[PDB]
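Opening remarks: the structure here includes VT-1161.
Numbers for residues simply follow the sequence, beginning at 1. Both ligands and their constituent atoms are indexed starting at 1 by order of listing. Computed from heavy atoms alone, side chains included, the values below leave out hydrogens, waters and symmetry copies.
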Amino acid sequence: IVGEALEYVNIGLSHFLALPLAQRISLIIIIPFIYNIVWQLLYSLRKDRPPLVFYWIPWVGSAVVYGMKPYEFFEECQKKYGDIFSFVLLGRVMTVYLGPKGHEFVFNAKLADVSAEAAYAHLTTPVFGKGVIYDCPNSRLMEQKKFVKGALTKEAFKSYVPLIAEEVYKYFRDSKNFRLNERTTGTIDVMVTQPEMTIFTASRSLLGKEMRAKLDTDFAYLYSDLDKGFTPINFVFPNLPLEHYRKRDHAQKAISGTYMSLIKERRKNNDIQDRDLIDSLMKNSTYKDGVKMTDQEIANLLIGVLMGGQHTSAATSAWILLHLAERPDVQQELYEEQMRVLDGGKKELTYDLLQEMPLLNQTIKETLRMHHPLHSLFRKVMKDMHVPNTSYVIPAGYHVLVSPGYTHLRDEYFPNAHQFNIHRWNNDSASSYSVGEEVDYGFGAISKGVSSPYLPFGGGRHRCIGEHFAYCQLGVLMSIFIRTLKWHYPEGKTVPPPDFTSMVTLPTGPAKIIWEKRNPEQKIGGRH
Ligand code: HEM
Ligand SMILES: O[C@@](Cn1cnnn1)(c1ccc(F)cc1F)C(F)(F)c1ccc(-c2ccc(OCC(F)(F)F)cc2)cn1
């Protein structure tokens, strides 16, 4: 009789409920652990799914090894399963597509197939504020990028260069890390100096003199507070009743308030010029459907732009210094270019003269190859995607993960990829260049193909608009570093490994270099 079997399901259920809590809280952990191992083995038999990396702890997935060393994880996975493979990350399924075909599959994915804001909104909305970037539909983001880029013109760059140069020299004069009028040599942590130099140069040029003046006050602490809110933790715990979260949110309110204060005072005096990004968004932030951005949204977009460029740029100048510190040959070669292009230093550095410095630009270009600030770019898959020339279907609710930074470091696309060699870019010093046809998603013509193995600024609709600002900033900064200082490592030190757990792939610190003045008796003028 099978009826007697069902009685014993009932009985056995009643006996299960009566086991000691030693056994039951055992069995609450044992049952999903074994059910997970069963589900994976069954999953491995589906041929319409990319291979899934095996993991033990349910939900947590491969998070630990991915988070700590993602390029090593990808290379081991790539040897095992080829270029397309999935792995489980703190509750989500990430499908990785390595190589140029992966750049194409993700960066050029149809707007209806994937969503960046669905992957990213919790990462950034708590830090930037509401209504901008990833807290708004894609069509709003596109036009927001059009607004910001409209202030990022070559004529803006010609005016930013002397301003950035003034900040770099101010920092050499006044910062405790240098004091070039009092000290001719010294030790700095590049992960202390570069964030400060970056925010000082970016504030002065994009935000204007008033906002730059605030960082000389206690207001600087709010920037520090807000900056600590910029962490990948926000992926999992975006809001918590802790203290870190309170100063972050306070700082966002306080900083966006200072921006709205300045915006509302410029409009009441009609003090609206072409000075900085604030003027620019004030004159040009009405969407095509007629909606104006609010003063709050404009301020929030300013925080997003300044914050993103802060961490990519600061990490990149740190890496440039760290690589050059063990390459006095490269510093020497860069210095000769500076003497030739600037008539032994008797020409004032201009945006135009920066474009005549191919080796300096190639040094930035090579640093960005070896240290892509963003090792992984995410999209949430919104409807099922067929992976061309496979039987693979990526179902909706998965995520796709693209990693041009991994391809940057492959010998097949960059011979001797782990060697720093700026001369691999000889007669190719452009920050990037569209290898053919262009398309415009709402913020300007950009390259249509994204199959280049070198993609420091991504591609497609979510492509960076900061590239020329970053090269302007990095170029002025490194031109002055080169002309002012030599530097090298403390004894037995070398290039640190990256910190992949962070918001960008910044160097693991402290990472110290010893600078020395090229001209001990050179003084920097001005009052302090
Ligand atoms: C060397 C410096 C930088 C590098 C390597 C870099 C890299 C990138 C990458 C890879 C993306 C694509 C992200 C994705 O597909 O999810 C991106 C997007 C973006 N970046 Fe940058 N960035 C840099 C500096 C800047 C600067 C200086 C700014 C602003 C002044 C900026 C603002 C933006 C914006 C607005 C986006 C658009 C994101 C979207 O539309 O989804 N970045 N950047
Ligand atoms: O793409 C950024 C960064 N940026 C900065 N400049 N250019 N791009 C961004 C985009 C637009 C902005 F307005 C401001 C931004 F900061 C971003 F949206 F925040 C962003 C997206 C993803 C990531 C990121 C993705 C994956 C990560 O994995 C590491 C982890 F496994 F979580 F530990 C860590 C970080 C970081 N920043």
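- Put simply, copies of VT-1161 show up as ligand 2.
- Short version: main partner of VT-1161, named per the PDB entry, is Lanosterol 14-alpha demethylase.
- Only the side chain of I133 comes within 4.0 Å of VT-1161, judged by heavy-atom distances.
- There is no protein heavy atom less than 4.0 angstrom from atom 2 (C) of VT-1161.
- The protein reaches atom 5 (C) of VT-1161 closely, with a heavy atom under 4.0 angstrom from it.
- Protein heavy atom at the shortest distance from atom 34 (C) of VT-1161 is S502 O, 3.8 Å.
- Residue contacts with VT-1161 for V504 are absent, since no atom lies close enough (heavy atoms, distance under 4.0 Å).
- Between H462 and VT-1161 there is no heavy-atom distance shorter than 4.0 Å.
- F457 does not count as a contact of VT-1161, since none of its heavy atoms falls under 4.0 Å from the ligand.
- Atom 37 (N) of VT-1161 has its closest protein heavy atom at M503 CE, 3.6 Å.
- The deposit lists the origin of chain A as Saccharomyces cerevisiae (strain YJM789).
- Proximity annotation for atom 24 (C) of VT-1161: of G67, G304, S376, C464, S376 comes nearest, heavy atoms only.
- Note on VT-1161: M307 sits outside its first shell, no heavy atom being nearer than 4.0 Å.
- Of the protein's non-hydrogen atoms, the one nearest atom 26 (C) of VT-1161 is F378 CE1, 3.5 Å.
- Contacts of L123 with VT-1161, taken as heavy-atom pairs under 4.0 Å, involve the side chain alone.
- Closest to atom 8 (N) of VT-1161, if we only count protein heavy atoms, is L374 CD1, 3.7 Å.
- For atom 10 (C) of VT-1161, the nearest non-hydrogen atom of the protein is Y134 OH, 3.9 Å.
- Scanning the protein heavy atoms around atom 33 (F) of VT-1161, the nearest turns out to be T501 O, 3.7 Å.
- Residue contacts with VT-1161 for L377 are absent, since no atom lies close enough (heavy atoms, distance under 4.0 Å).
- At a heavy-atom distance under 4.0 Å, only backbone atoms of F500 (N, CA, C or O) approach VT-1161.
- With a heavy-atom cut-off of 4.0 Å, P373 does not touch VT-1161 at all.
- Binding site of VT-1161 at 4.0 Å, heavy atoms: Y66, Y120, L123, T124, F128, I133, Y134, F230, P232, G304, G308, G309, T312, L374, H375, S376, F378, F500, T501, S502, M503.
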